[PDB]
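Co-structure: bleselumab and Tumor necrosis factor receptor superfamily member 5.
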Amino acid sequence: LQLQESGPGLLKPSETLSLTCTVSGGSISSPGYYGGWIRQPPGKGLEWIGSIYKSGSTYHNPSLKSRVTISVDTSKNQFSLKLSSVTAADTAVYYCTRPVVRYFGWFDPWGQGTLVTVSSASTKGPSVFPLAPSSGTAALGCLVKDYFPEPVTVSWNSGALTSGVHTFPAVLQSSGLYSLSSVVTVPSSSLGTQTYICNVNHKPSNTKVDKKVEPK
Amino acid sequence: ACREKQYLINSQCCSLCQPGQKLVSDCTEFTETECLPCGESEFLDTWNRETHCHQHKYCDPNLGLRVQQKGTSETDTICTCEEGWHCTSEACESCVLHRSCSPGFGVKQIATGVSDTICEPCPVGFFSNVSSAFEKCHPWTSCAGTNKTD
Amino acid sequence: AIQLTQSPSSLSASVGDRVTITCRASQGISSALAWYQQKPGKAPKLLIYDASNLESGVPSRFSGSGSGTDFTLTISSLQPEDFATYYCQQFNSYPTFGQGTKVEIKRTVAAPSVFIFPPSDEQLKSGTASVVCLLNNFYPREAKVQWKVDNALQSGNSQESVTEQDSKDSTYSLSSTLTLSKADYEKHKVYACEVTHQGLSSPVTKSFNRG
């Protein structure tokens, strides 16, 4: 039994937020099956948005009175959320979940979470530049620059290469565009022998790039 | 660690509330679980420890819904479309008002209520003057005619 | 709403140490408390439900207790993969969580491997230059970076990002990014990143010449 959130990662002030939760590995039709929406502003705590029984019956946080619609679609095995008249205050990671014994909880399982950024700014895809090794262990990477909104996804060698990897938190520049790097340590004696490609995905801009990192 | 229709609190195997009824307080070593009935417009369709009964579905007149089977304490209201309104999905969740058939088109099949007005081009020699959900292609009478005029 | 206050809100602790976190409810919530563990960039993960029932799959080092107004989550031997924020929530009334309790691992001091990377050529075609310094696998988090361009102390043209504590080896890593135009980048030759950390006896300086 899994849950996936889907929706847009960028949305303007005053637009309405529309998220959908897709349930696999089990049916929402079973008795006792509820859905719920939790959310979490970046680097802050958790707030319950609402819960819904498969019937359609529903409760929601009084702190979002007249803004929350929550709906269930038995046929497609999905439940939804609409949050109207959005503000920077609603920027957050939104999670769908299974309230287990009642509307009020507990919550298991959850979904991955989908970040929603409320902002006037336009979408934009990253430039990806190599971080070239020079000369034990060496370090190489990719600098992922000038993108909006968050997030970007970095792997190495299509997943093959996870050891030694640090993908740093994006940092927000003056321009109002994000920027991170992903780096990795590798044995120096690998440098001109193994092939090191970093795979960057920015879904909001529809850019997937694979940059190969060579000794300059 | 316990039985069906029970839940574990404080190493105590407590009974769940039967359908029809909501949890008021958990069992203790000395008290059974305390359950009370759901109100007239609410329900609870399972052995539960839910404290708020599900609201019955509202069969809204303003979405083409009307009651089919009335709710109970154990079962939700079932809705269906009013006369003049059809299902938008073969899983009838909300209702669209029966479409009508503009001039120069006639009526192949009147709306069901689980289906919309099926609508046909008026062939040469036939006309529809107006838009209705009922009237069909008619012939030109003998005294030009068009798809829409006699 | 029922408020839940967790004590403390942050803690450093050693591997093998016993850590108890408390959750005080503003009102009685009976047994309807749950505890979650959230690792960075991941969703909360159920540890405990109904105050003391441990979730199937979760290790037994984790235990829950309390009733009414006072609850505790106890970790009887902190392993490094326990770095996380812990949250209690109540489902006696409409759901509310506590502020969270961040758990860091205290570990031996460990010096950063430092590296420095020039601008790539493609970037320079673009007209800007990012110089990057990497502080890899160090502890504790406290560290100073410093950018010197031909021995000039740079100020206010850099930005840093820091990894969340590692789940295995309880280290942090850091990236500093010096940003300046292609114009200024070519006016200068020697680019230095200087790193001052508790596990270093004197500042470590890596550098390159453009060439």
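Below, chain A is the first sequence line, B the second, and so on; all start at residue 1. Determined by X-ray crystallography, 2.7 Å, according to the entry header. Just so it is clear, the values below take in all heavy atoms, side chains as well, and ignore hydrogens, waters and symmetry mates.
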Open item on the list: Okay, which bits of the structure are bleselumab?
Closed with: chains A and C
Task: Chain of bleselumab with highest heavy-atom pair count within 4.5 Å of chain B - done: chain A
- [ ] Report the source organism for chain B from the entry.
- [x] Homo sapiens
TODO: Provide the epitope of bleselumab on chain B as residue numbers, heavy-atom cut-off 4.5 Å.
DONE: B/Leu8, B/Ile9, B/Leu23, B/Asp26, B/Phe43, B/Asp45, B/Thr46, B/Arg49, B/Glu50, B/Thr51, B/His52, B/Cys53, B/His54, B/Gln55, B/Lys57, B/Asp76, B/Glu93
TODO: State the residues of bleselumab that make heavy-atom contacts under 4.5 Å with chain B.
DONE: A/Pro31, A/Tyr34, A/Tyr53, A/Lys54, A/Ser55, A/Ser57, A/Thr58, A/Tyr59, A/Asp73, A/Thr74, A/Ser75, A/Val101, A/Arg102, A/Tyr103, A/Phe104, A/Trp106, C/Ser30, C/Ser31, C/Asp50, C/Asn53, C/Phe91
Open item on the list: Any idea what name the entry gives to chain C?
Closed with: Bleselumab, light chain
